[PDB]
Amino acid sequence: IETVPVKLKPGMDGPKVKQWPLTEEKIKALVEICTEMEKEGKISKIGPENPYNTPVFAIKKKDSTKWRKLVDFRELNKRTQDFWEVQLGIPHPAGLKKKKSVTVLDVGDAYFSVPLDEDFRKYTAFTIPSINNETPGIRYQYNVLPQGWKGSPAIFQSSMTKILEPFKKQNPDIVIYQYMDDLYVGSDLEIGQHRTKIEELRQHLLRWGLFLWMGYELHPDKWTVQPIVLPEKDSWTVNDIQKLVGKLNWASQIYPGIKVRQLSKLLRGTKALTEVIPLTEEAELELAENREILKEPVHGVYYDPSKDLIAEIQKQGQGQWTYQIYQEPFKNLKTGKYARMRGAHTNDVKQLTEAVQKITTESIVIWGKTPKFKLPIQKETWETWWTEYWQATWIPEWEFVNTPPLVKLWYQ
Amino acid sequence: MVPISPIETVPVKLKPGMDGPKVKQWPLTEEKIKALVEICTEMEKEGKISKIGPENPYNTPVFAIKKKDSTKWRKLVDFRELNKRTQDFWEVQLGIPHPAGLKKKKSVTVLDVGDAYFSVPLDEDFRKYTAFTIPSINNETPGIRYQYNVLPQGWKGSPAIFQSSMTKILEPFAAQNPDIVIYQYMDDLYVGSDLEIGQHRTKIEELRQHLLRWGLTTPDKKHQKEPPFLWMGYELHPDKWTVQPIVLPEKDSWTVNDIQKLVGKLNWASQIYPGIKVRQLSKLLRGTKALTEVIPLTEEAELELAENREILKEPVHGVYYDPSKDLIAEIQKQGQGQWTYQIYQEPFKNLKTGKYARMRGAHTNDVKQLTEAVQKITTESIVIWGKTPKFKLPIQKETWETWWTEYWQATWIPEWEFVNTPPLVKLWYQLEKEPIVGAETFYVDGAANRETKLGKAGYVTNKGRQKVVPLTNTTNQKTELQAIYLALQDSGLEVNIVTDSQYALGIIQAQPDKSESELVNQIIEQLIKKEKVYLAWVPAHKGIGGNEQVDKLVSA
Ligand SMILES: Cc1cc(/C=C/C#N)cc(C)c1Nc1ccnc(Nc2ccc(C#N)cc2)n1
Ligand SMILES: NCC(=O)Nc1ccc2[nH]c(=O)[nH]c2c1
Ligand SMILES: [Mg+2]
């Protein structure tokens, strides 16, 4: 109550972003949800004097029979002022990633209890389209803090701090971190105890004045990584050696001390690709020296909060995906691999969308922000399908890789 | 007096930092002035405009035009300057309905709303910006000054504000009468339904009564207008739709502009007439832009044209959408990057047709194109029907599986079945995942001098087979491809090829079946003839055997 004034950054107008086509089921879902929200005073119909637009759609979260409204505020978020005055920043807990269990709660519904600044509401305009545009799209704006908007956690933060006061003083070891509509709650204790404390946390929110029941369990202390590893073999073909030298040449951009000279000379002469080549002892020493180098961390790797995180993903085949998160090229802040399934076994694009969500989650836990994706897929294919698989309440930025990376080989 | 509900005004603003228009009024003939005075007097009586004082600093120019051949004058205010300064509005009529998404209707009635059209009140605070001046006879008195009380014709916000106001009025009637549809186009309302004619007729009267509550009168004289309707380039009929007549001109000589017109008609036609092709005819439009320039039609363009004329020989109609039935989409490959599709529910009755053209690029293949066509049809179908059609595609299930599982990108197409209708999309080649035992190994390289553009390309093999070809007017990238081509050309049915060229790998790993590059095309032709090809990459200049040797030979 008593709204905080918000503005756009200087020299920019509100978002005008086209509503993308929605299926009949998503439209029907949104009509139902919005009718209720309008009844609750959360949103109000607007007029033609509001030119602005932000796209909206609907998703189904993990194990649920009910659609969730999802607004894509990406453009508005860029155009919205950074939040400084009362809160200068949220120094990111480094201990969150170390916890045995981190549960993700959707706290976004709490935002609806805070009125949105009257002069800013127009910038939250969104449209429910009609099939075949047969009837005019239904136009609304928010009267309260919208889910998915940058300003909502910023504005609600003081209310949130007061709400979680007794839980935190009671549970000093438990790490709570907030990103957009999500709350991240870590604990090192037994998973049954963990869930108990999570349900204990829910009540704090539940008992106060009101998809909260849900939880998404992570175990970041078990999150693995991918050092560069070289084959151990008794017999090397010419081909094996070429692949090794190629992999080492690549690695040498990362690790400076790497040498291919001795190995490369095993290839002396023009030989059948499948012919077996004995390693010279000097070749073995070189290989040995290379192995040791690759056991060390990369040199001069550091996170800069002022720079974007970039995430690259390669399709490895058979449901396997590799990825790297970096700021500067060859300095990888995290590398990883997913061998997983979760359905999607016949659908590449579904698998990729799930990978994108997982990597973003890892990014939020580790650095407290989402990365910018380089996606191995054609724009038109991605843009047609990704919303069908999206389970997350935020959305990251992405671009598209049209030229096959040669380095897919070396993350395999 | 029967009280009527007022229409709520939409608040309107000028763009930030901008003031209202001040524009000199043109002098007018004595006859124009007199006619404008008469018009404005009448308009003033109806409350549409009001006289104002000298205090209002604003002005917009007013004109008088006699129609064609006639004695009657009409008032035209030129709002161009005020429109530049007026805020943007939400525009609803973007994205017009496609006829193929409409539902069949037993009856469709037209209602004249022209009374409402000129009667919507304008935001009180914005009215001053609409000021205009009738010049005075002989300029011996001050001009007569007026401003608008209602949405002026030709003003930037009039269509959006009229549409939004009408919509708000109609909303409760539509909601409480789910058995009819209502669509607003210009000063008309169109009401359809499936109701027996008595009930339909009753709904129309009820609608006329509902509109009366805002004081909006509709003529007792019922609309001469009946189906078929000519709308947005279409003919709408109760049970069917088509495009308005498309007649391709006979010509001895074709102008750029003539060809642009032709393609326009053909594109428009293609949403109903199946199989329309624009490729060859569109080619003639490249570069240039001089509108009156004549172009010779190639034999290919003549052939495409003749094929189109045949397709257009008699009228074809689409049916409407039945939500109770599945949507089916079938696609055929037409050649030269051209694809055509039909969308239907029952066999032999299309809702609509259409085409897709290959995207511009250096290299391409049929599977990628088919995939792109599927995505386009999918998106178009979400717009029109709110759902993805089931696809019938000229590609074997096994071909698709081989494709997507090995393709370097993530890719997917939605539920589909194979239809065997040549030409089929197939994979022309697939490279080996492992080196081939028993197959000769070719180490290839090429290099060129950037200045002289002289180069060499060639190979050496484990059998001591060797070739080096001298080359002129070439680049390093071309020599790298040439070398691969030579190895393919000179090997047997199974071959291992070793290259250092990241460029060549990038292209081949994209799996093109066709290219703008002659050399890539020659390589593809060779790949097609092989039984097994393993392509291996190595880094250059590493002392890698057979690679360094061939590098030595081709450099100088
Ligand atoms: C878009 C639209 C244009 C016109 C008319 C525009 C004009 N002029 C008339 C109507 C009623 C509609 N709206 C809808 C909505 C759903 N189904 C239909 N089906 C439908 C419409 C016309 C005919 C006919 N004849 C048959 C079926 N129309
Ligand atoms: N080993 C060569 C090879 O398997 N080539 C190939 C070519 C075309 C194909 N179409 C398929 O479905 N599988 C194919 C395989
Ligand atoms: Mg070389």
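Letters go in sequence order (proteins before strands), and every chain restarts at 1. All heavy atoms count here, side chains included; hydrogens, waters and symmetry mates do not. Counting convention: from 1, in listed order, for ligands and their atoms alike. So how was this one determined? The header says X-ray crystallography, 2.1 Å.
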Margin query: I'd love to know the name of the drug at ligand 1.
Written below: rilpivirine
Check: Which chain is the chief contact partner of rilpivirine here, given by its name in the PDB entry?
Finding: Reverse transcriptase/ribonuclease H
Item checked: 4.0 Å heavy-atom contacts of rilpivirine by chain -> A, B
Check: Among all protein non-hydrogen atoms, which one is nearest to atom 22 (C) of rilpivirine, and what is the separation to 0.1 Å?
Finding: B:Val108 CG2, 4.0 Å
Next item on the list: Looking only at protein heavy atoms, identify the closest one to atom 10 (C) of rilpivirine and say how far it is in Å.
Entry: B:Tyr183 CB, 3.7 Å
Check: Under 4.0 Å from rilpivirine, counting heavy atoms only, is it the side chain of B:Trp241, its backbone, both or neither?
Finding: neither
Margin query: Got a sec? What's the entry name for chain A?
Written below: p51 RT
Note to self: Which of the numbered atoms in rilpivirine are under 4.0 angstrom from any heavy atom belonging to B:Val181?
What the structure shows: 11 (C)
Notebook entry, point to check: Under 3.5 Å, N or O to N or O, is B:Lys105 touching rilpivirine that way?
Noted result: no
Notebook entry, point to check: Which other-chain residues or nucleotides lie under 4.0 Å from rilpivirine, by heavy-atom distance only?
Noted result: A:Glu134, B:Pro97, B:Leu102, B:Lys103, B:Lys105, B:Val108, B:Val181, B:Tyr183, B:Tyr190, B:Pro227, B:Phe229, B:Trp231, B:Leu236, B:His237, B:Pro238, B:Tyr320
Pairs under 3.5 angstrom, nitrogen or oxygen on both sides, rilpivirine versus protein: list them out, please.
| from | atom 1 | to | atom 2 | distance (Å) |
| --- | --- | --- | --- | --- |
| rilpivirine | 8 (N) | B:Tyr190 | OH | 3.2 |
| rilpivirine | 17 (N) | B:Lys103 | N | 3.2 |
| rilpivirine | 19 (N) | B:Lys103 | O | 2.6 |
| rilpivirine | 25 (N) | B:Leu236 | O | 3.3 |
| rilpivirine | 25 (N) | B:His237 | O | 3.4 |
| rilpivirine | 25 (N) | B:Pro238 | N | 3.4 |

